[PDB]
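For reference, the structure is listed below as structure tokens.
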Amino acid sequence: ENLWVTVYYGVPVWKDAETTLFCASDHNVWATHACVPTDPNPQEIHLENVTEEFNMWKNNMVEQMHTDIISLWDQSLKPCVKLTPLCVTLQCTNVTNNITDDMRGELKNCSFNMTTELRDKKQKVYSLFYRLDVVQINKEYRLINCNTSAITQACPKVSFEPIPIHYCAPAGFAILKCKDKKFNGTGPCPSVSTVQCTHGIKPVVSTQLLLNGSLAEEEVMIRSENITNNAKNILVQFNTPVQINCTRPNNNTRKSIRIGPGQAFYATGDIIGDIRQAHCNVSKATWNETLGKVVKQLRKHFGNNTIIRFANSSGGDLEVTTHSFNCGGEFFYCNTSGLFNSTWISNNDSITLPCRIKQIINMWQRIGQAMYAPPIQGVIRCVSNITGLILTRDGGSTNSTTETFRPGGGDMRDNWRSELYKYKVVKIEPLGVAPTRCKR
Amino acid sequence: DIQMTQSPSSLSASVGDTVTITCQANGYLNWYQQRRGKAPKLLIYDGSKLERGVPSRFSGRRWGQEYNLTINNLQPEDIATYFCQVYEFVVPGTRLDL
Amino acid sequence: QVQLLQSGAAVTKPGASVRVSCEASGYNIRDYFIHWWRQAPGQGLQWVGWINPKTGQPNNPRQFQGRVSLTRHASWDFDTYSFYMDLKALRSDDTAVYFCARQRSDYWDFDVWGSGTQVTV
Amino acid sequence: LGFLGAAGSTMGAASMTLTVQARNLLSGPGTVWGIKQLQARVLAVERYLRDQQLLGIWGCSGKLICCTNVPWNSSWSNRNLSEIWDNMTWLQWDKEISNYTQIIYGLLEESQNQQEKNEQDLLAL
Amino acid sequence: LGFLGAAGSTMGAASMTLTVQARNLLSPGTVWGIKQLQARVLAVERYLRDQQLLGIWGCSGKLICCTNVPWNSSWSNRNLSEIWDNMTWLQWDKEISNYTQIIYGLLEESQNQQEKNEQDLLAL
Amino acid sequence: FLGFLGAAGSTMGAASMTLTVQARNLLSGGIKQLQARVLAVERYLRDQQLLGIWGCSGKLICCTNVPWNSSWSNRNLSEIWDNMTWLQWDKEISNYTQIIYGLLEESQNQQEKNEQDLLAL
Ligand SMILES: *[C@@H]1O[C@H](CO)[C@@H](O[C@@H]2O[C@H](CO)[C@@H](O[C@@H]3O[C@H](CO[C@H]4O[C@H](CO)[C@@H](O)[C@H](O)[C@@H]4O)[C@@H](O)[C@H](O[C@H]4O[C@H](CO)[C@@H](O)[C@H](O)[C@@H]4O)[C@@H]3O)[C@H](O)[C@H]2NC(C)=O)[C@H](O)[C@H]1NC(C)=O
Ligand SMILES: *[C@@H]1O[C@H](CO)[C@@H](O[C@@H]2O[C@H](CO)[C@@H](O[C@@H]3O[C@H](CO)[C@@H](O)[C@H](O)[C@@H]3O)[C@H](O)[C@H]2NC(C)=O)[C@H](O)[C@H]1NC(C)=O
Ligand SMILES: *[C@@H]1O[C@H](CO)[C@@H](O[C@@H]2O[C@H](CO)[C@@H](O[C@@H]3O[C@H](CO)[C@@H](O)[C@H](O)[C@@H]3O)[C@H](O)[C@H]2NC(C)=O)[C@H](O)[C@H]1NC(C)=O
Ligand SMILES: *[C@@H]1O[C@H](CO)[C@@H](O[C@@H]2O[C@H](CO)[C@@H](O)[C@H](O)[C@H]2NC(C)=O)[C@H](O)[C@H]1NC(C)=O
Ligand SMILES: *[C@@H]1O[C@H](CO)[C@@H](O[C@@H]2O[C@H](CO)[C@@H](O)[C@H](O)[C@H]2NC(C)=O)[C@H](O)[C@H]1NC(C)=O
Ligand SMILES: *[C@@H]1O[C@H](CO)[C@@H](O[C@@H]2O[C@H](CO)[C@@H](O)[C@H](O)[C@H]2NC(C)=O)[C@H](O)[C@H]1NC(C)=O
Ligand SMILES: *[C@@H]1O[C@H](CO)[C@@H](O[C@@H]2O[C@H](CO)[C@@H](O)[C@H](O)[C@H]2NC(C)=O)[C@H](O)[C@H]1NC(C)=O
Ligand SMILES: *[C@@H]1O[C@H](CO)[C@@H](O)[C@H](O)[C@H]1NC(C)=O
Ligand SMILES: *[C@@H]1O[C@H](CO)[C@@H](O)[C@H](O)[C@H]1NC(C)=O
Ligand SMILES: *[C@@H]1O[C@H](CO)[C@@H](O)[C@H](O)[C@H]1NC(C)=O
Ligand SMILES: *[C@@H]1O[C@H](CO)[C@@H](O)[C@H](O)[C@H]1NC(C)=O
Ligand SMILES: *[C@@H]1O[C@H](CO)[C@@H](O)[C@H](O)[C@H]1NC(C)=O
Ligand SMILES: *[C@@H]1O[C@H](CO)[C@@H](O)[C@H](O)[C@H]1NC(C)=O
Ligand SMILES: *[C@@H]1O[C@H](CO)[C@@H](O)[C@H](O)[C@H]1NC(C)=O
Ligand SMILES: *[C@@H]1O[C@H](CO)[C@@H](O)[C@H](O)[C@H]1NC(C)=O
Ligand SMILES: *[C@@H]1O[C@H](CO)[C@@H](O)[C@H](O)[C@H]1NC(C)=O
Ligand SMILES: *[C@@H]1O[C@H](CO)[C@@H](O)[C@H](O)[C@H]1NC(C)=O
Ligand SMILES: *[C@@H]1O[C@H](CO)[C@@H](O)[C@H](O)[C@H]1NC(C)=O
Ligand SMILES: *[C@@H]1O[C@H](CO)[C@@H](O)[C@H](O)[C@H]1NC(C)=O
Ligand SMILES: *[C@@H]1O[C@H](CO)[C@@H](O)[C@H](O)[C@H]1NC(C)=O
């Protein structure tokens, strides 16, 4: 034999590792200035003859992304003004809207005393607050947060628009993308390719419907940590988008109220025009057969003769019973009980979803720090594209030929999981020792 | 398609005798003990792993679908109801006696 | 120091709602799902449903859907959490005892169960 | 073949592209990204310097491929030369000797220390 | 001559004074603190990148170092007689700022070939 | 395996065997911790740069062409290598260190220009 140890430096071998990836991006809540400029032409090196064991649910890029997003939110909310004077007693009447029966109190014309530039003086001012923003103490109300937390008003110049952020690993680390299509979320992947940075991942805060995400490649893909478990949310990724047109048709004029020296409180003054209801339109002929594809792909997991039923949300917070999102700066909460009402047996009309607008937002499931989104002048309309769902099975006695699926809650780690499913971080260990005939 | 099957419907054993309670199932099975309709307690989580504070008399082993619950050196406390659980489904359990 | 107290046993006529309370304290209540179990006398345990503490989302079987409501309430500082189970349409079959259990992991190991609340109809 | 391109290639074919992996080992709070990225950069520099110090301690400083006097123990791997450099890849080989890496590293350090001592005595006389 | 003193001197005159330039390449609680830390990390990374580039070409630990790569005339059509007497390094860098990448790649490939050849020679 | 600094009180003859043990522990690993790590890295790079400037790069024990001036120390080889530890000797050449470092730098400089003159004949 007479083999001897030879040291090779820079061999292509890697192991699983966790590292603080940095952000590259091509005013916002997610700072474009703070992130480095992205590469003009990314490199995708295809690793032939490589099989890699991926895992969606133990991916640490999701946890790091969530921590970075929360910290960006906090950093954006830090320099803005504090609305501690606003937690006072408010005399609230109905905004003049004839008598709409139900939904009449959705806007409340509330008058309150506010502090001025001079500490010794007060001013009687008024503002239009939503019903969800206030709670009764016959006309005495207070903001809903006044016992639980304090509000910081979001800066008006700061925009909540998602920007595509690319997560690049540092030196000595590699990001392996699983180019394989129909790859569920876990286990082997024979089509692998290393990248410098991940694709543009828009941070979109949404519940029951993933918006502005990746559109898959071949077919609708269902991914859950275990299909048998009920507690695990099911992530569905569409192969074609479902367009959704969301609008807040109230003009909603904005006014400035000096609460202190150099501090302003932006408050809705008047709706110029008819008082209407915010909503979202989804195509019916698209959403049906999109649910058809989803049912066809769920029947692979749950059996061929099963009756796949879709029902609306069982209960919970407002962020989970309703599709919550942010459109142009205002926070919509849409019913979506018309979307998820179906029963599938093995064998230019729009769905209008009524949305309630909110201003006092407790983001990232945190309690103890609330935000007050300012009003927005003019009508706001947005066109987003549904690329997926979060779902939850009913469980229980599933021995029967029925399977009820309801929309799932907002953890926001499932939102990042649907985008970072293909990406894994590894550390390259360049040192190696092999046997060869050579000697010193 | 979860299925459960527990073999002893009724069970009587002497003190100091090793007992084996067979529960056949598919998936993550956990063993619990209920005494006289009072609140259960977790003996075994997963196939074999023992919870903290549980007596070492109880242990579990895994082979295929079957789990054994090898309890050794029965004592006056061990006489109680014993049942197996996979997720949301719980079969009615046996009842140790003397 | 994990502790899941439960309310006293209740008696009510059919068709009148109950309010079974389960007070959880001594641990981080938010990360662990709280499930509900129902034991008829002389019968094995049955599952009523889980509730996420963070989001408040219930999940119930088709047998109990439309009747059972799982809710949760948080005090100041969130050290004590009150999980309520309310059955709307009561019936002689529902004569069971109700436990609130704490799932700790993917295993569905219910480490801590409640004392119980005998609901008699 | 680019960075990590020869990952699925055999050991011999991947020994010709050690440079492309060597370069990419070093190519890269006031704000959220500041302190953590700086810590990551310092950690990367520390890892590179630990690797370079390990190479220098074995006498293989500045060499991508370097020979040593340490004999290959048959217990480490009974496989022959042909089925190592033409059959397997670097990933599989690292998975095979994952236990025995530390013993080999210790033997390399001991052998280089002995060689340096012998060279010093030979140069002295 | 001090640090960077031979910048105006001829190339041959600066070959003996390379050492002083080489030495001077290593050396939020406060506004100065984090910025100084980032500057130090940048300096360390630049120095290690230069040292790694030197070591990949086989010139590790040496200021002056021959290489096996031939000086292809496409990079410069000039005579050695007057480069080392009537030219300065800044102008030379200005002429060949555009082919550095391919020359560095050729040096990498040539040293890889040389190391492979040395391994094969030491095998027998 | 004496361990880290284990041969510090033994004579130099046994101390030079364990150079790798103290060499390894120079790279073992808030704002203050980051500054400490950066300073440790810079100190290691200073030492390695000093070694490389004398031509002793990647060599723990390195022989050089610099003659030993008798004025630096009047003692003999056996007394130096078999009576005192490294700490006592370091105390004994505290003020002569910079001159020896400069002479090593000049000698290696002369060596490299001589090598370049020889190889470019
Ligand atoms: C998923 O989708 C389901 C339907 O499929 C929704 O369930 C509906 O929830 C709404 C919530 O507003 C219910 O509407 C309210 O119901 C209450 C009960 O009404 C009847 O109750 C019993 C029926 O057995 C009768 O005895 C009784 O006479 C009532 O007819 C009422 O309290 C409400 O009306 C009162 O309140 C409103 C506002 O306070 C007033 O305007 C009214 O005048 C009145 O005072 C109201 O009608 C609705 O009934 C539910 N439908 C069904 C079929 O159960 C889920 O909410 C939905 N989930 C999500 C998350 O979107
Ligand atoms: C998903 O992505 C779409 C497309 O990027 C987002 O829609 C875009 O939303 C922005 C922000 O509101 C719109 O800009 C606004 O437009 C009007 C003028 O048209 C004006 O009122 C404002 O000054 C502002 O510029 C943008 O037009 C709109 N794009 C389209 C094509 O309509 C959408 O918001 C995303 N959905 C999310 C994050 O849920
Ligand atoms: C979801 O959970 C299920 C169980 O609830 C996991 O099932 C696991 O399936 C694998 C095969 O894919 C089983 O391995 C098998 O083990 C025995 C060894 O005696 C034998 O039958 C087979 O040869 C095979 O090796 C594994 O044991 C089984 N786990 C359990 C607890 O039964 C499934 O992997 C989970 N899916 C996820 C997390 O995506
Ligand atoms: C909200 O209520 C305020 C009063 O609190 C309304 O303001 C008054 O509007 C009338 C309209 O005829 C004016 O004549 C008064 O001078 C206003 N009084 C004020 C400002 O103190 C306001 O119009 C209401 N806004 C609505 C219904 O959108
Ligand atoms: C802050 O005040 C609100 C409004 O009073 C409280 O919400 C109510 O709490 C009571 C007592 O538990 C419930 O019966 C009501 O159903 C709640 N109404 C809701 C949620 O709309 C809220 O709990 C208080 N905050 C605390 C205690 O942290
Ligand atoms: C709506 O979904 C579609 C499909 O992903 C996206 O439309 C694409 O838009 C890009 C430019 O951004 C075009 O180059 C593509 O040709 C479009 N696709 C098709 C099939 O026509 C669209 O971006 C989504 N909406 C968003 C992200 O708001
Ligand atoms: C969400 O919408 C549904 C229907 O769009 C509302 O639930 C009830 O739906 C039934 C038919 O299934 C109607 O007869 C009832 O009138 C609806 N209730 C009401 C109050 O209108 C449901 O209330 C909506 N959820 C909200 C507003 O939170
Ligand atoms: C109007 O506001 C009052 C309080 O002033 C509130 O109780 C009521 O529900 C609202 N709606 C109508 C139709 O009066
Ligand atoms: C505002 O201040 C006046 C001062 O006289 C007081 O009478 C009135 O009740 C106050 N209103 C509110 C809403 O606090
Ligand atoms: C999908 O999940 C199964 C679970 O058993 C696994 O074996 C399979 O490899 C996964 N598919 C892919 C393409 O990774
Ligand atoms: C959404 O609006 C677009 C125009 O922006 C329109 O073409 C499309 O049909 C709409 N989709 C609906 C109503 O589902
Ligand atoms: C949805 O589409 C499926 C498949 O084409 C069809 O069977 C079903 O009737 C449609 N549902 C509607 C129109 O409600
Ligand atoms: C499904 O639920 C929606 C909720 O808005 C309702 O309008 C619709 O009629 C329901 N569909 C059927 C077929 O009953
Ligand atoms: C909203 O109101 C402004 C004036 O405040 C007006 O110019 C604009 O056209 C309105 N927008 C509508 C009605 O969409
Ligand atoms: C993959 O392996 C096959 C033999 O299994 C070989 O022919 C092919 O060249 C390899 N591809 C690479 C190394 O890219
Ligand atoms: C360690 O060696 C044993 C045999 O001695 C082998 O079974 C095992 O796979 C090795 N470890 C790894 C992590 O490969
Ligand atoms: C350039 O300056 C150097 C000294 O720095 C000197 O030797 C040389 O003669 C100068 N050039 C000319 C043209 O005088
Ligand atoms: C390379 O750079 C030089 C100097 O800037 C420039 O003039 C020239 O056009 C470029 N191309 C070639 C082929 O030399
Ligand atoms: C300490 O002194 C003794 C004296 O006999 C000597 O043998 C020994 O080697 C010295 N050093 C150590 C590290 O024990
Ligand atoms: C070096 O010289 C100083 C006086 O300048 C003296 O105190 C010190 O002991 C000397 N160090 C030696 C001889 O090692």
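Each chain gets a letter, A, B and so on, in the order the sequences are listed, and its residues count up from 1. All values below were derived from every heavy atom in this structure, side-chain atoms included, with hydrogens, water molecules and symmetry-related copies excluded. A fraction of the deposited model is presented, and contact counting is confined to that fraction.
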*Write down the drug at chains B and C.*
3BNC117
*Which chain is the chief contact partner of 3BNC117 (chains B and C) here, given by its name in the PDB entry?*
HIV-1 Envelope Glycoprotein BG505 SOSIP.664 gp120
_So, around 3BNC117 (chains B and C), which other chains have a heavy atom under 4.5 Å away?_
A
*asked:* Mind telling me which chain of 3BNC117 (chains B and C) has the biggest heavy-atom pair count under 4.5 Å with chain A?
replied: chain C
